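Structure containing darunavir.
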There are 2 protein chains.
Amino acid sequence: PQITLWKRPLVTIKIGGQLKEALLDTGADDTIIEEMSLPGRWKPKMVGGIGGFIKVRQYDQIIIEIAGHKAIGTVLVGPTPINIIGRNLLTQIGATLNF
Amino acid sequence: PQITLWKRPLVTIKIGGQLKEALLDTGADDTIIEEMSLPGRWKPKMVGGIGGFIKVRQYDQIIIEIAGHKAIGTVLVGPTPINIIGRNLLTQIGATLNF
Ligand SMILES: CC(C)CN(C[C@@H](O)[C@H](Cc1ccccc1)NC(=O)O[C@H]1CO[C@H]2OCC[C@H]21)S(=O)(=O)c1ccc(N)cc1
């Protein structure tokens, strides 16, 4: 699909068996999802953006369906105000910025 | 152009006659630039990011060249870790997300 930017580019994702709404974010290096339970060992990481840093749990090799497209990669879990799909997964689904 | 996301989508912008580097960010509603002197009066605005809120100065009708495309709109100036080109300006250059 070709997404216009008049509004937030929100899509439905499936992760860990749950359905969630997330933002397709070209400005995000990594994907960050609100607090939830995921299987596996994880390692702590600090992620910084506007306003500062938050502590997150880094889970590797997580499968996520984005708008119906299966993808695999690292997912950071923590206190984010919105679910964000970053470049690490956008590349996997072949997303591009066009103008 | 068609920009892939294996690397941060950074482009050159020309504002106030100066050349700077900026990130094409579909996850940002608004355009935010690092501290610099812009013309006219400003209005206050609070911007919420991943790590909290910062206070910024809002300047309207600012002329900005993005990767060679002229745009005229609102620009926020504040303590951002990187210059961000948000949806308000992305729409003016006709950017879309495609996959
Ligand atoms: C600041 C950028 C370099 C990176 N940010 C992604 C960015 O797209 C966020 C993503 C974002 C989106 C909504 C809420 C929090 C974070 N948007 C944002 O900061 O925008 C602010 C200015 O415009 C306003 O409208 C959106 C919030 C304001 S980030 O959220 O801090 C971030 C940092 C590291 C990773 N791995 C993933 C994301």
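Chain identifiers are assigned alphabetically from A in the order in which the sequence lines are presented. Residue numbering for chain A follows the PDB entry, covering 1-99 in order. We number chain B the same way the PDB entry does; the residues here are 1-99, in that order. As the structure lists them, so they are numbered: ligands from 1, and atoms in each ligand from 1.
Going by contact count, the macromolecule most engaged with darunavir (ligand 1) is what the PDB entry calls Protease. Taking 4.0 Å as the heavy-atom limit, the other chains contacting darunavir (ligand 1) are A, B. Taking a cut-off of under 4.0 Å to the non-hydrogen atoms of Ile32(B), the atoms of darunavir (ligand 1) that pass are 22 (C). With ligand atoms numbered from 1 in the order given, darunavir (ligand 1) contributes 23 (O) to contacts under 4.0 Å with heavy atoms of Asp30(B). In summary, the atoms of darunavir (ligand 1) found under 4.0 Å from a heavy atom of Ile82(B), numbered by their order in the structure, are 3 (C). Residue-to-ligand polar distances place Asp25(A) within reach of darunavir (ligand 1): an N/O pair is separated by less than 3.5 Å. The PDB records the source of chain B as Human immunodeficiency virus 1.
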